[PDB]
Enquirer: 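Please find one structure pasted underneath; my questions will follow.
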Amino acid sequence: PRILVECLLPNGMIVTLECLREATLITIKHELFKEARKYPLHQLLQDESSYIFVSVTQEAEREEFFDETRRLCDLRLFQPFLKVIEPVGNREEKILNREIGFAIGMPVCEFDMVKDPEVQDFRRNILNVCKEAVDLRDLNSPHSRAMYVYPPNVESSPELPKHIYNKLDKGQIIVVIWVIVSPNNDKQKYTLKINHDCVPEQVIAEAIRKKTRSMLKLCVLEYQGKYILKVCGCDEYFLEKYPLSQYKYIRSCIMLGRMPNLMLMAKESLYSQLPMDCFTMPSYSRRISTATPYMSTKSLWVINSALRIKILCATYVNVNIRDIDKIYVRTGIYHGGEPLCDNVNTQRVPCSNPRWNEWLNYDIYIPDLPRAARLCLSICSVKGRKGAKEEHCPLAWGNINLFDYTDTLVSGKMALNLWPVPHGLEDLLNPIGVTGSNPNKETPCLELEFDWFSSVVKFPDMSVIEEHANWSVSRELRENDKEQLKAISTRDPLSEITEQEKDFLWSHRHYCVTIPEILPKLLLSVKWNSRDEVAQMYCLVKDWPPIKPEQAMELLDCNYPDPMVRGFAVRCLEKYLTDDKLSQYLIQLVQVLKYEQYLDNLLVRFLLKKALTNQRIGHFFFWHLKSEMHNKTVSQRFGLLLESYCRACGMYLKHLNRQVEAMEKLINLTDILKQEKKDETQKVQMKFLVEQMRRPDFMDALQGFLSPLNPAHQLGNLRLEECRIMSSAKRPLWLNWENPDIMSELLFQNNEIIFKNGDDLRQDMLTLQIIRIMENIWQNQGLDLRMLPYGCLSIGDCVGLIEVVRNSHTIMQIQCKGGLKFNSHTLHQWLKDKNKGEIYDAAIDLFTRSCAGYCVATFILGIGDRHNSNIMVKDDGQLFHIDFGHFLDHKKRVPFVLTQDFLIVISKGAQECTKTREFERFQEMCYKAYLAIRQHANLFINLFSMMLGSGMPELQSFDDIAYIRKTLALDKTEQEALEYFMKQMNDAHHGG
Amino acid sequence: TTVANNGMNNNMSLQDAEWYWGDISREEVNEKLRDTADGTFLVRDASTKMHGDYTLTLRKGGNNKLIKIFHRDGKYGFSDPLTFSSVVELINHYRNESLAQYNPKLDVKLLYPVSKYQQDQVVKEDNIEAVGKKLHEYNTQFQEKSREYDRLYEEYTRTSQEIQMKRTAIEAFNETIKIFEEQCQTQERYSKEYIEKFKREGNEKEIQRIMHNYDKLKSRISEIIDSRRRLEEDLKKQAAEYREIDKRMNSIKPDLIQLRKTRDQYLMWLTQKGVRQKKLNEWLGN
Ligand SMILES: Cc1nc(NC(=O)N2CCC[C@H]2C(N)=O)sc1-c1ccnc(C(C)(C)C(F)(F)F)c1
């Protein structure tokens with residue numbers, strides 16, 4: 001409020017002015033210039049129109065503050081200093097660029113000053129995708145902009161599930177239209193009648209012809225183009241000519257039995273609600289990359305030599321000479337995780353002088369390098385004194401692409417920084433790490449020298465590979481091999497594939513065009529360290545029939561780094577994958593974006609194009625990559641993608657920045673809640689947070705911003721009375737926000753959010769995602785094991801958001817409620833007390849089915865000890881698990897032992913819970929759920945294998961995924977897996 | 001190294017041999033075949049757990065090449081036809097002859113068994129109480145040392161964040177000095193033709209006042225060089241702290257991983273010896 005800010009006037013004379021905390025630039029600049037005129041040397045001073053403030057932010061970059069409307073606290077200045085200087089630049093570009101930098105947390109001029117040419121070529125080529133996306137965005141403006149800003153929430157299924165088709169009155173849905181048509185905002189009910197096959201045009205026609213009752217051709221047509229359907233209380237809009245059974249609100253209402261809540265909002269009101277978005281070309285796009293190096297050359301297929309790489313020295317290995325004697329730089333030519341040749345090692349030099357100068361030769365010849373070759377430098381040292389036995393341990397690792405964006409072999413002496421060892425890395429190298437030097441300078445750096453040809457050598461275009469494909473072939477089945485191929489196709493991605501079967505696969509490739517499933521196994525059956533084999537496989541992939549997206553995503557994790565294979569997979573994705581299941585699998589594609597060896601390829605183009613044409617997909621894309629700015633291994637690439645998205649996402653930027661700054665400010669709260677407050681029973685136990693949210697500068701930053709967990713949900717006025725903290729896991733935040741719109745009372749009058757710090761909410765998101773795909777499978781195969789994947793979103797380093805479902809209580813909650821107002825019959829009695837009557841047994845049925853949802857789930861995913869606090873039951877009889885965290889093995893069995901209270905509740909409170917009639921029905925639907933998962937377990941292996949390079953401390957390589965492979969029993973047959981589960985569900989009660 | 005010398009009985013016992021390991025999963029066989037050379041092989045019970053499939057994981061080219069042998073009419077072999085009778089004479093024949101008979105691409109014949117009892121040579125004290133006390137003290141040392149290594153990694157992450165934010169603050173000070181020096185050069189360019197005229201008309205009070213508040217600019221740059229110095233000495237000693245903390249985790253990591261290896265091999269020894277968790281789980285469950 002009294003900050004003494006000094007300003008650098010461009011005449012030279014020095015002024016210092018008091019400034020308020022909430023004061024903006026225009027409020028302080030007027031008296032700044034006034035008392036500057038009062039102070040001497042008022043000669044070069046003139047009006048404020050041609051004078052612009054310049055300062056350096058706390059992210060260490062000077063940036064002009066053209067936007068005069070911004071406050072002092074929004075400046076984020078390391079020192080209270082300003083400068084007054086001529087603009088010498090663009091207005092809108094600089095406000096846009098600062099807003100982009102605030103959305104990332106680091107500015108665009110950091111991208112400007114980095115001299116890696118691949119980064120700037122990426123920044124040039126992303127604007128092609130941006131301009132195509134904004135051209136298709138406004139191709140049918142404002143109609144197409146309506147579907148962009150508020151996306152349809154449709155699935156890819158034109159039909160409907162069979163077991164919910166019988167949940168309605170012969171395919172008919174009773175809705176209520178809450179249309180107002182009133183200057184005095186009077187709300188009213190239109191209970192109204194539709195089938196499911198028709199699109200919303202017949203629905204709005206019926207609403208027109210039924211609205212016109214009690215006061216009675218072209219009128220229906222003109223109201224059709226002026227009315228639109230909106231979900232009450234939440235911002236979903238029914239826009240596109242779709243059969244209306246795919247809208248997730250309607251299907252969720254079918255799930256829960258609640259009637260849908262809709263209305264007829266004016267189309268022009270929605271059009272005026274969404275602002276017109278602007279897309280301007282960047283300043284760096286003025287530069288054209290047309291280089292003429294006055295100094296086309298020969299290719300790889302004319303130069304015949306071996307791969308020779310010379311190691312010069314390390315800058316400084318960060319070791320201790322007292323207990324460590326000798327060090328070495330054992331390398332490896334990798335293709336993802338597969339060594340293309342032997343791991344050629346250096347000499348065992350002492351750590352005192354880390355100098356090698358060793359010309360390591362490799363078994364691979366130069367023409368036989370694959371496109372995605374990855375050298376893996378590793379400083380690892382023998383730190384064990386044993387006789388004829390050396391103990392090895394990694395210290396530094398670093399991957400290097402042998403080909404760049406120019407698609408040429410690396411050459412010449414070059415230094416490169418090395419990443420520190422990951423936590424608990426089993427391998428001595430790092431197969432899964434990304435290629436690139438460490439951005440930090442205080443890490444060990446090492447020198448390389450490739451075979452300097454005194455020229456450039458270029459990997460050829462596909463014409464040469466196409467000709468070599470016809471060349472190498474010159475150099476009607478027995479059905480047993482066909483059924484063998486069918487057997488190979490059904491195997492999981494982690495199948496024990498053999499070279500008998502690999503040689504069978506490679507020797508019969510043109511006969512594998514009949515079945516498309518065999519492709520990823522044929523990925524593993526080829527020798528990438530070959531000349532003819534890679535050409536043959538490229539020729540096959542160029543003519544290979546398209547793939548279902550669920551196993552077209554198989555070609556995307558770390559084991560498949562080939563640009564052509566990943567390009568074909570991305571082509572199959574954009575040809576087949578739909579928006580709802582793209583947003584379903586969006587976390588996995590975000591984590592696949594790490595595995596790209598380059599910056600600009602087809603995957604990033606596809607994900608950007610789908611992100612810049614969809615507010616939901618783009619919003620979740622932005623939040624997923626924003627959650628990983630703390631990961632410096634892919635911070636540059638993901639920061640470039642936040643830069644591109646924030647360039648071409650439109651006015652959501654503002655809303656985005658608001659929630660971002662809200663989250664950032666909220667994150668700051670937890671800092672004072674964690675570092676300053678780490679004790680108990682003080683004067684400021686609860687009063688401090690009440691006073692802090694009573695501060696206008698904090699509470700005003702949490703007003704009117706969209707929910708980060710769902711763009712359709714919007715968050716409004718905060719209730720400080722209904723905000724508190726817990727003492728359950730690590731003191732998270734209970735946050736209550738009233739839904740701003742008037743019709744909020746239909747769905748929920750208040751939105752509750754858990755804000756969690758202290759645990760990584762990234763594996764929890766993955767677990768809840770698994771839960772949602774098992775929901776999809778069980779609904780598709782005809783079993784309504786209704787288990788809820790509550791929304792969870794990580795937003796950075798060990799920080800997350802959880803949306804709260806209400807009317808829920810723990811076992812501890814109901815136990816202490818019963819004790820105050822313990823026995824093994826309290827859960828069943830409480831469920832009697834909540835919903836008795838003719839619905840009660842149905843609720844019990846739900847409680848059985850959701851149990852059959854979770855128990856099997858908690859065995860397949862291997863969740864930890866599910867005690868009485870990390871589980872909650874609803875009022876309508878539905879349980880769900882919350883504290884997932886440690887998943888798969890995570891401690892190296894028997895997860896989620898069926899407790900007694902379950903045996904009371906599923907068995908209707910009978911004393912003999914063992915052989916009730918509903919118990920074998922429970923077991924039968926558990927069996928059916930597991931089998932339905934089991935023929936779809938290939939997708940689960942894919943989805944967990946596309947998460948290896950993420951960075952959870954409990955999912956790194958093929959040491960953890962064997963847990964779900966052994967619980968799902970892909971090695972065993974179906975009946976062996978069945979008896980496996982009769983074993984575990986017989987020892988669940990230790991005898992029953 | 002491998003001593004071999006099983007004996008004159010070539011068709012010996014399947015269950016106890018250098019090549020045999022039984023029903024083992026992919027995790028520990030990947031641990032066994034890691035850091036090996038050409039010709040390193042291992043034969044286990046197959047992943048299907050059927051009647052005598054008995055797959056092989058020969059090491060060649062840095063890859064655990066996963067050979068499967070067949071079980072046609074009670075005979076064994078790499079591929080059809082199965083002209084060889086026993087698996088022991090099969091692996092001895094491939095120890096004597098190359099693999100070019102069935103398929104051409106394989107070059108290495110065989111070099112090094114991974115015996116089950118090579119690790120059993122370094123272990124002793126077969127009696128239950130001695131290994132029980134040894135496993136208890138190994139477990140408590142592993143727990144204390146893993147807690148120490150987790151603390152070391154937390155310190156490493158905290159110091160990395162501290163040094164990164166201090167590096168950004170130092171770069172911010174560098175940018176501030178660049179802006180101040182550019183401003184100083186610019187105002188010298190304007191003021192080299194301004195002060196002497198107002199001298200020439202004969203007044204110096206305005207000049208001494210503007211010289212006084214101009215000296216405030218040099219004063220401010222003087223303390224912010226001081227702050228950059230106190231933050232750069234801070235940066236240097238925090239970088240030294242980061243280096244020595246990395247040296248401590250450098251010392252703590254390798255004995256941790258070999259202690260984990262010995263714990264895993266002791267678990268394998270207890271598994272093959274047949275005694276499951278009876279009394280060891282009682283101490284850990286407290
Ligand atoms: C999905 C969900 N729903 C809730 N709802 C209520 O707690 N309610 C709703 C009714 C009142 C109140 C209660 N009885 O208590 S909490 C929650 C959740 C999910 C995941 N993590 C958490 C943490 C981090 C706070 C926990 F518990 F693990 F530490 C909570």
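Order of the sequence lines sets the chain letters (A, B, ...), proteins ahead of strands, with each chain counted from 1. When reading the values below, keep in mind they use all heavy atoms of this one structure, side chains included, and skip hydrogens, waters and symmetry mates. Read the numbers this way: they start at 1 and go in the same order the structure lists the ligands and their atoms.
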Enquirer: Provide the name, as given in the PDB, of the drug at ligand 1.
Expert: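 Answer: alpelisib.
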Enquirer: Count heavy-atom pairs within 4.5 Å of alpelisib for each chain, then name the one with the most as UniProt does.
Expert: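 The main binding partner here is Phosphatidylinositol 4,5-bisphosphate 3-kinase catalytic subunit alpha isoform.
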Enquirer: Can you give me the letters of other chains with a heavy atom under 4.0 Å from alpelisib?
Expert: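 Heavy-atom contacts under 4.0 Å involve A.
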Enquirer: Could you help me out with the residues around alpelisib? Anything with a heavy atom closer than 4.0 Å counts.
Expert: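 With non-hydrogen atoms counted, the site is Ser728(A), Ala729(A), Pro732(A), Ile754(A), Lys756(A), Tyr790(A), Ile802(A), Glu803(A), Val804(A), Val805(A), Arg806(A), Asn807(A), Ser808(A), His809(A), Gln813(A), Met872(A), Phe880(A), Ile882(A), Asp883(A).
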Enquirer: Hmm, which UniProt domain of chain A ends up with most residues touching alpelisib, do you think?
Expert: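 The UniProt domain in question is PI3K/PI4K catalytic.
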